[PDB]
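Drug present: resiniferatoxin.
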Amino acid sequence: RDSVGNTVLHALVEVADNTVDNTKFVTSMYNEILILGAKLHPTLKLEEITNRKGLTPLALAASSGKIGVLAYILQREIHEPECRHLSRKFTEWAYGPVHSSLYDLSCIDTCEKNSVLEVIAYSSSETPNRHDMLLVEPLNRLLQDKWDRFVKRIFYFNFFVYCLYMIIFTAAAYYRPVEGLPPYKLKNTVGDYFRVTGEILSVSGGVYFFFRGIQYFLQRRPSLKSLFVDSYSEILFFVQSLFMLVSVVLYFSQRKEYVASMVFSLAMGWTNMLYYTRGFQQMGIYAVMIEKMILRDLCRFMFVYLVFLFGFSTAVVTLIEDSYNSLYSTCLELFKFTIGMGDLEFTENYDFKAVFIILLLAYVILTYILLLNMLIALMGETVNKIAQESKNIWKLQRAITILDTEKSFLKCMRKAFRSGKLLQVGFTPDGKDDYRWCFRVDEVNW
Amino acid sequence: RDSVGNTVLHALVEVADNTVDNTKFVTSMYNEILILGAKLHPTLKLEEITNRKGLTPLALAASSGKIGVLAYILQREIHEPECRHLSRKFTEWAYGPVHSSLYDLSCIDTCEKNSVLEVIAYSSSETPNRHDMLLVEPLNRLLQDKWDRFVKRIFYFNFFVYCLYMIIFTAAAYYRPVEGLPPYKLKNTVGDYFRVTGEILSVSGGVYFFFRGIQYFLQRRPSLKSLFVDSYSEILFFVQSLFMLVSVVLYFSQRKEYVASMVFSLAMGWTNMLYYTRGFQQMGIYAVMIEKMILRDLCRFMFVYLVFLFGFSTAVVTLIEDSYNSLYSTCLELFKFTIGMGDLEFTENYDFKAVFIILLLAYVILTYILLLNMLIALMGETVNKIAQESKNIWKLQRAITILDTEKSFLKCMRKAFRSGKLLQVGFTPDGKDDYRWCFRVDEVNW
Amino acid sequence: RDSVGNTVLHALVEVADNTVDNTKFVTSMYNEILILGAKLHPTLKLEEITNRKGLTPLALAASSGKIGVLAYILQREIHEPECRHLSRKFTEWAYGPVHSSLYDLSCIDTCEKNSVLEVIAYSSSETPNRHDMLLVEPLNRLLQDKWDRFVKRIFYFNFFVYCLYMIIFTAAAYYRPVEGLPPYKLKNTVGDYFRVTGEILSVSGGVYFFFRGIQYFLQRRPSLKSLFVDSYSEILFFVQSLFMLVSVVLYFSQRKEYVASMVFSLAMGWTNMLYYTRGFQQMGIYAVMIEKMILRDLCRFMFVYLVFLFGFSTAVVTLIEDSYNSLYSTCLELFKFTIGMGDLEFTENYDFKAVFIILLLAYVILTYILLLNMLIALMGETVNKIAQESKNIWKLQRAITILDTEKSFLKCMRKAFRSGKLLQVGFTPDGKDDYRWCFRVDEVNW
Amino acid sequence: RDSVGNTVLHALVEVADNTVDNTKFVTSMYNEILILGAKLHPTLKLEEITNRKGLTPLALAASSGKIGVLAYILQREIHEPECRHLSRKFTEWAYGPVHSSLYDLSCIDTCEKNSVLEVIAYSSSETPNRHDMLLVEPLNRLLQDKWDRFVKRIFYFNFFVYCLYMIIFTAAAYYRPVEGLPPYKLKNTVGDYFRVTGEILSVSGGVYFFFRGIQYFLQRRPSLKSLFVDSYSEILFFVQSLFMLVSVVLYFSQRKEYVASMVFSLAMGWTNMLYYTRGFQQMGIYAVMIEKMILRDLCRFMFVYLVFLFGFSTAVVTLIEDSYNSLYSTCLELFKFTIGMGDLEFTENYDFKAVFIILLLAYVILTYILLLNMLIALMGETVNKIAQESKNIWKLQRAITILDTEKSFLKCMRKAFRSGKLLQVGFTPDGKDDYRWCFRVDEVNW
Amino acid sequence: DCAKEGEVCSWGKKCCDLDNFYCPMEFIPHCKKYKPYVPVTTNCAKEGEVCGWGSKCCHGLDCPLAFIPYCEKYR
Amino acid sequence: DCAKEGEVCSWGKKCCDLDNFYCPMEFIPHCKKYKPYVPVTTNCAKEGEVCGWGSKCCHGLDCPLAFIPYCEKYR
Ligand SMILES: C=C(C)[C@]12C[C@@H](C)[C@@]34O[C@](Cc5ccccc5)(O[C@@H]1[C@@H]3C=C(COC(=O)Cc1ccc(O)c(OC)c1)C[C@]1(O)C(=O)C(C)=C[C@@H]41)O2
Ligand SMILES: C=C(C)[C@]12C[C@@H](C)[C@@]34O[C@](Cc5ccccc5)(O[C@@H]1[C@@H]3C=C(COC(=O)Cc1ccc(O)c(OC)c1)C[C@]1(O)C(=O)C(C)=C[C@@H]41)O2
Ligand code: NA
Ligand code: NA
Ligand code: NA
């Protein structure tokens, strides 16, 4: 019996929970069942089962993080006659500590529906072991070789182009004209032509980023609940694009406020450069730490601090009546007290001075010594919590970066395949030959 | 032999110390003894034995934290013909990994003397497993379902009402009249009517909290030694009520000092809003951390710091004689030095200046670098100590919140029972049927 | 063969290294040797061997930290007919979990040469288990009962007397006359009589502390190498006494500089009050942590910081030539920069300003961010290191406090013994009776 | 078969990976191979085979970190008749726990190509066991004796001389003449002669350090990739020499800017005195924590901080147009904000003030609270990382310090050999006697 | 050009005549004209009375800093 | 009584005539008299010249804050 046409292998992928004994259970069942199916009806491929979502059992295993299934289903190796057309791994050369294994490469690069990499790297950040799933030998070495071969030429080139764009934007912004009421009529001097060119390039960059963000949001379809947990970088780039467009709209509307928009874009224009530090072995950690601290910490501490700030602010402002002249100024003053920059003068001529002093001393003790250092202790725990995972984290930062680039590929090339339509495998119940884009990989393990 | 009429089960509850083999021994003795009692005199219930404190073996096991006993006595399960009327756990449907067990829930909701929940949640903060004892399946799931069913609507409603009350109080306080000598005669303008309404609502809230606090203190009877270790929240709310009442008393006494009281109440009126953050899965920890740090840490560090401050303060004040013009001002100045806000000017015209400098440098080195960072290390230790246990603490903080509300409930209905006078158990030595308010719970465990 | 007349038991104390199997070895050797000695020459006691240091095997085991030997030799329990006079432990009543043992307490309080307490508590801070050696039952119970019985009334009384002395000293110092050229002629007003009385009491206290310190130094005879590692408190009290005496000497010398001495004494007069917080279960930690940090940390960090301070100070002072007018002022300014209190103004009219700025920025980065937080990390390590173990240290803080007081006791009674010349032991190869100052202790252990 | 004429022992050293069973395998192979070689061709020594790098199997094992091979090959002990000339360890006196072993010492001090000391202590900080490999007994005792015997008399003396030099230099700096346009004509007063003498001594020191640094760089040949990982101290001393030489060159060129060079040298002249702090058991650690923290931390954090600084700096400078009058001043102001020294004044007359405030508050929150404390937590992790390894670390500091000094020896001394051409070993396949400079060492181990 | 009295300043414009008008810090800066410094009115405390707890002292004397201040004429 | 010129001040005594004498901060304060404010002498840099790296500018012009300053007429 089944629910939606699921095969027994499908139900077993669902049931498996990465326990060692359950792993052996499902592994042995898969071995026997696949052998029997190969012998009974060697007429068509059955692993590409359709479904309501079109999900294969290996695709489901990738989606749910059932690493135990992936460890075996992608590593079948057998030579028993009448069932030799379902093997995925082979061997050609062998030595004591080193073996030159031959791996099948289908369902990874070009499956046309949902490859293995296309699900592990695009998971919803609930899978407990997505950082380890890419450590399996075929995927790990494929990503390593794709990185070494051609990807770097595109990544470093992108980084250089972005840096040039930001330098040009900064230069154009610095030299804006001072007289009021835009738009301004250019003179025939060379400086005006350079400034106009800089502005045009800046707006072009802004428009480009806007459309890239639109495409990403339409294709990915975020949930609106995990919108900010993932896809942080696209959100920030898109926000920059919005600010730039608002700035140009105000510019052509004959208002002076466009500068107030522009500088905000300019600030992010530099800051988002930290994105490109992902993918470096060492310097990448200082990006992910900022992301975690700024999302999953301060959105909680915000309310706890704000209660204290607002309560004491209204207390002080209503106590003194006749520099604390308004609610805003007092909010700023107490904020300055919080971070140790403020000063306690105690000038004359306030009535109720003796109570004012007690309130301020209570506030300073409560906020500066007690609460703030509590926040610091929590952040210290957060950063120490991911000192050790840094290697595996970096691997994810590598992998996703590749998958966006090779998907885009920018030159109408088709060099993604590793090597060959190798016919040396050629196993099939028919008399014909076949290939699987096989990859020779040396494993040194003893 | 016995001390105060205690049964053998009672003495075994006393003796039990939560060791695994002692648990096995006591449980086996309970099984044999209860079966013997059912065989000998199946005429009346003996589990509800009275005592000088009126504690049943269940009640005593709950009070003393004998978790190993509660693991058993609340989950008795046996098939002994003619003696099946003392079982608590049953089964109706059963599958491989999942079983739909049927749990007896009598004496938990309406025992009329002292329920199990009324002891675990109201313990004196010496029981070591009070945060874990509520994790047993019957109680745990009962509380979960009671929360999900109806309690949330009351809790969020309470939170909203309190927030409105505080907003109204702040608005009324901000717009107080400026001219002196209260009470003030209202004008026929609308603003005066709104202000009077705000004041009336504020005083009503103050009176209400006063009476709620008095009722709690009369019902609970704290020891006066653990008065502040538990019941922190009622103490703070009551303090607010006292300040509000003092304020109104001064207001009608034709004194303008009432504002000095009112603002203090206003400050607390915001701050203890943090109480309602308890019960949230994540944001609740920032309340209990503050409670622990402010009680069990600074009441010890206070002595050391005060000794240093007072000693150096008197030294400086007696050294210079002829701004440090008095003991109070110098105490404030050295306090400012402690938290890095002060400044070292070294003006002219002090005699013995060369000694004054040495004293100040010794003080700064002793307090700012050495002592304060020691305090910070201890608070960091405290914060990391309860990063993990907070989850279980949150469960406790959930449970107590329910028990106050459900017991009160303020609508005189009786919808708190889970379901049914279920007769499917119906076990008794007589020919009659019976019910125990049983609850069907699916356990998924394999 | 032997070195200095040492017995075989003595050599076994020397050889024992607290290993479990060596403990069994020396234990069995002691059992057999003691039995043989009892059988061979039951004529005189042989345990009180003389030596060059006058150490018995018990005394040497206590001195060297051979806890394994103390674990047995103080609790010998055996029934060997005709040789029952070597047992130290006996029994009168016995139950399942609780036994009312009878412990020999001789040679612990009045041995007249060197008791176990008199070397365990007076060790040179190299003994590895001195914090645990007092946990052997006879010693632990002696100290606990002596504390509960009478010692507290003396300790709290001492604390109160000292507090009164310091209050009187502060009051006398505050109201010193302002006119110059001491000594000053008193007037017949009451205030002068009170001031003179206060001064006389203060000087008397100073003299008393001076003589107590001298007596301690003569009796203890410290090494001059571990002078400051132990005996910190006597050193500080003695320093106070010296400052007070110098102050009075200057006072009668017709010089007005005496105040410069007096205030220093006054400062320590308060600070040393922290000594009396030792012996409290909770608040005692804040004394030992300060002692350890101020001795075994800053005497190392001092030189490393001073190199930076002096180097940059001379660099800045020689760079600018024509507020940094002298070496002293510049040293102070850079010190202010170290602890975040200073300010970077960069005024005009210095030549070489562009290099001055680079030097200061290098200094601020090197000292404030980098070095100081290194020091803070080390102190955090120290504080967390002894957060736990110092519970055992509190026991030491108890024990030494008793041993100084009971030794003096200031009432010329001899009520320190626990109870009785109990004759119920009465074991001897002769026909006579005897007592060992035995005490009955209930041990509950199962 | 072989690659480059390597012996079987060479291949075994290469293959060994410090596993226990691989250690046993290689050990037994060495035992059998050595016995066979002694029996087959007792005509010449074959263990000391050269290679392209000139590395013997002992030398290669030392170079590659094959500690397991050093554990055996340095301590061969065997009684094989007719083949006893391959033993390195012997015995003369023996007792129960203590044995007076006799160790061969050849090829450690005078091998004339590449001693074990010359590669174990000169590793590239990639060897995994370099901190432990010198803990093998013969090397450890050699270094301990060399330290105690004669080496100290040099090292302390060296330290004193350096300190004296710096003092003179400081004086020579302080009293420079004030009038402009060097060089200055001396007067016949004594002060001028002292100043000229001081200057001459200072320049001589600078030249000496320059040539020592050049000699080191030519002899060592650093890779230019690990140039700064090792050889930090020579780099700093050489930099000092360069600054001094530039200073004197400008001095004779009739320019006033020489002082701008000189003070920089003066600063380092003090600062790097911490090099001599290495070699102390306790005070040495405070040097190493600097060396890592300034190299392997801030060269990473630099770019992350600079992005924020530059972005916000340009944003603020372009927002306000008409003290923030230039990019440099604004960069300084925001830097002052980073370390809590600055002030938020909010003066009048800036247009767009409402946006200026928001930018500054965002910057303060982003840098001061969030980023900086992240840096501090990472440094805390680094500091605690090497609190424990200090005992090993200082040993390395000892060893290298000896090897540079004794090799240099500075006085034509030849005291490095322990004692004697001891003939008591005298084992050889010939009928002759022989010596191995053996060392008698008492080992106490049971 | 600058903004006039009652107009929003500091978002794109400053107000003129700093000796006449100022731009307050309230997050919506409507600039306003100055007011004269009126002298102290009645109900100020006199010499020897407790100051700072319910009322300030008159302009002729100062209120010192202490837990329970008493005003004294400056000398 | 106060101390006279050349005597050690601030250890038990201050010096008189603060308008004439001051007690310096050198850890042994020998009290000293003030000096006249002499004007700027020669060798000061002029407008357009680099200032702050080897010489200051004359009293009639100012030296801005930047990595390579150039002096300008004070306005
Ligand atoms: C997520 C949003 C919408 C965000 C947008 C603005 C307002 C932002 O502040 C925050 C919230 C904030 C508020 C106050 C202080 C700091 C941060 O975080 C980002 C946003 C956060 C930052 C700081 O975050 C970064 O370090 C950028 C970054 C780090 C790591 C990345 O992988 C990354 O991906 C591209 C980007 C940059 C700002 O855009 C900026 O330059 C200013 C002035 C404010 C920052 O809001
Ligand atoms: C490595 C190089 C070339 C170095 C040379 C100069 C510029 C240096 O700053 C650094 C970088 C720097 C920049 C800003 C602030 C701090 C450090 O580190 C050293 C260099 C680093 C230091 C500080 O490092 C030390 O503590 C010295 C030291 C520690 C341990 C050692 O074993 C040691 O070996 C001799 C030397 C001293 C300076 O030379 C100095 O006195 C000033 C003003 C700057 C320091 O550059
Ligand atoms: Na600070
Ligand atoms: Na920390
Ligand atoms: Na400040």
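First the proteins, then the strands, lettered A, B, ... as listed; each starts at 1. We count ligands from 1, going down the list as the structure has it; atoms in each ligand are counted the same way. The analysis underlying the following values was restricted to heavy atoms, covering all of them including side chains, and did not include hydrogens, waters or symmetry mates. Determination method: electron microscopy, 3.8 Å.
Taking every copy into account, the model assigns resiniferatoxin to ligands 1 and 2. Other chains within a heavy-atom distance below 4.0 Å of resiniferatoxin (ligand 1) are, by letter, A, D. Checking heavy atoms within less than 4.0 Å of resiniferatoxin (ligand 1), the transmembrane segments of chain A hit, in UniProt's N-terminal numbering, are 3, 4, 5.
The deposited entry places no covalent bond of resiniferatoxin (ligand 1) on a chain.
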